[PDB]
**Q** 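Pasting a structure here, questions to come.
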Amino acid sequence: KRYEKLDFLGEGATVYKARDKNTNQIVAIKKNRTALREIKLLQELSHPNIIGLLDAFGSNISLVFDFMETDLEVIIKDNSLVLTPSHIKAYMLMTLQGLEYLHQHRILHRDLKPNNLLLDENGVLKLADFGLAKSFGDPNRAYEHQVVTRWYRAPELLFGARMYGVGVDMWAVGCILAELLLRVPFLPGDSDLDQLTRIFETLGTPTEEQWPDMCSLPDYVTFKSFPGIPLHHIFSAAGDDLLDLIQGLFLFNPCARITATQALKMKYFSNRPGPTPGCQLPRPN
Ligand SMILES: CC(C)c1cnn2c(NCc3ccccc3)cc(NC[C@H]3CCNC[C@@H]3O)nc12
């Protein structure tokens with residue numbers, strides 16, 4: 001009644017474009033117990049790189065956010081675009097500044113993947129779809145457990161961990177970074193077992209030194225030994241500063257794995273070339 005419905009945008013939920021009658025501004029309208037958890041976590045937060053919940057109303061519920069023009073998946077899949085090292089540095093910087101904020105507020109995203117990083121027409125990247133986000137402390141049930149799509153999913157979750165932390169988001173950011181570099185999914189498992197296969201044959205089956213607790217995980221099972229592939233072989237364009245960020249994000253021990261803040265202090269972010277101005281980031285038609 002306050003927002004002029006315009007164009008359909010998705011079905012998961014159900015999203016629509018709309019024009020607010022008061023300000024005339026363009027927004028996106030998204031239309032349960034976790035529905036309130038979502039509004040709870042979001043009405044709180046304010047960060048340029050986190051989508052901004054502008055309004056809500058009941059009677060299925062309707063979340064009003066700012067319109068976004070595109071997302072990393074679209075960009076990644078757009079052959080017309082060539083991503084430069086500066087482009088990639090920019091996307092990551094914004095992604096990690098948003099994730100550092102979330103984590104400082106003891107929140108896990110738990111569903112980080114390229115289509116959940118949205119971009120506005122000024123090249124501001126924003127984390128979105130907090131339908132799985134939870135406060136760090138909240139417990140994980142066995143049969144209600146919500147887990148990212150398997151290609152971005154961290155090894156501890158594939159081994160059925162119920163106690164976990166930021167490393168689950170940091171792994172997903174590693175898989176996103178790899179996808180920006182290769183322009184295809186990094187680790188495209190065709191099953192949860194095959195997702196681990198792929199992880200180990202790419203990165204090496206973990207030693208006990210690399211991952212002390214691994215064997216005590218609930219769904220731990222014995223895979224063959226794979227040596228893995230050197231990252232400079234996988235990512236042949238990447239400088240040494242980037243290689244070290246990647247390696248940091250893909251450490252098997254979830255407690256050794258690099259945090260958003262540790263990532264952000266990495267030489268990579270202070271080295272030339274600098275991150276593209278948002279207004280210069282590549283745009284699809
Ligand atoms: C609900 C809010 C976060 C939002 C703002 N703009 N916008 C657009 N904009 C158009 C668009 C087209 C292509 C790629 C991305 C966005 C599409 C869209 N689609 C719904 C889901 C789809 C899966 N990824 C998260 C999206 O919010 N949701 C939204």
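Residues: numbered from 1 along the sequence shown. Start at 1 and go down the list; that is how both ligands and their atoms are numbered. Going by what the header records, the deposited coordinates were determined by X-ray crystallography, 1.7 Å. These values consider heavy atoms only, across backbone and side chains, with no hydrogens, waters or symmetry-generated copies.
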**Q** What is the name of the drug located at ligand 1?
**A** samuraciclib
**Q** Report, by its name in UniProt, the chain making the most contacts with samuraciclib (ligand 1).
**A** Cyclin-dependent kinase 7
**Q** Among protein heavy atoms, which lies nearest atom 1 (C) of samuraciclib (ligand 1), and at what distance?
**A** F65 CD1, 3.7 Å
**Q** Distance to 0.1 Å, residue and atom name: give those for the protein heavy atom nearest to atom 26 (C) of samuraciclib (ligand 1).
**A** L118 CD1, 4.5 Å
**Q** Within the structure, is a non-hydrogen atom of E73 found at a distance of less than 4.0 Å from samuraciclib (ligand 1)?
**A** no
**Q** State the UniProt active-site residue of chain A that lies closest to samuraciclib (ligand 1), plus the least heavy-atom distance in whole Å.
**A** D111, 8 Å
**Q** What atoms in samuraciclib (ligand 1) come closer than 4.0 Å to a heavy atom of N116?
**A** 24 (N), 25 (C)
**Q** For atom 8 (C) of samuraciclib (ligand 1), what is the closest protein heavy atom, and at what distance to 0.1 Å?
**A** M68 O, 3.7 Å
**Q** Using a strict cut-off of 4.0 Å, indicate which atoms of samuraciclib (ligand 1) neighbour a heavy atom of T70.
**A** 14 (C), 15 (C), 16 (C)
**Q** For atom 24 (N) of samuraciclib (ligand 1), what's the nearest protein heavy-atom neighbour? Residue, atom name and distance, please.
**A** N115 O, 3.0 Å
**Q** Checking contacts here: is it the side chain or the backbone of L63 that comes within 4.0 Å of samuraciclib (ligand 1), counting heavy atoms only? Could be both or neither.
**A** neither
**Q** Considering heavy atoms of the protein only, find what lies nearest to atom 4 (C) of samuraciclib (ligand 1) and give residue, atom and distance to 0.1 Å.
**A** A28 CB, 3.5 Å
**Q** Tell me the protein heavy atom at minimum distance from atom 12 (C) of samuraciclib (ligand 1), and give that distance in Å.
**A** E69 O, 3.7 Å
**Q** Where, in terms of UniProt domains, do most residues of chain A that contact samuraciclib (ligand 1) sit?
**A** Protein kinase
**Q** Just need the protein heavy atom nearest to atom 28 (N) of samuraciclib (ligand 1), so name the residue and atom and give the distance.
**A** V15 CG1, 3.8 Å
**Q** So, at a heavy-atom cut-off of 4.0 Å, what does the binding site of samuraciclib (ligand 1) look like in terms of residues?
**A** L9, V15, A28, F65, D66, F67, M68, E69, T70, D71, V74, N115, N116, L118
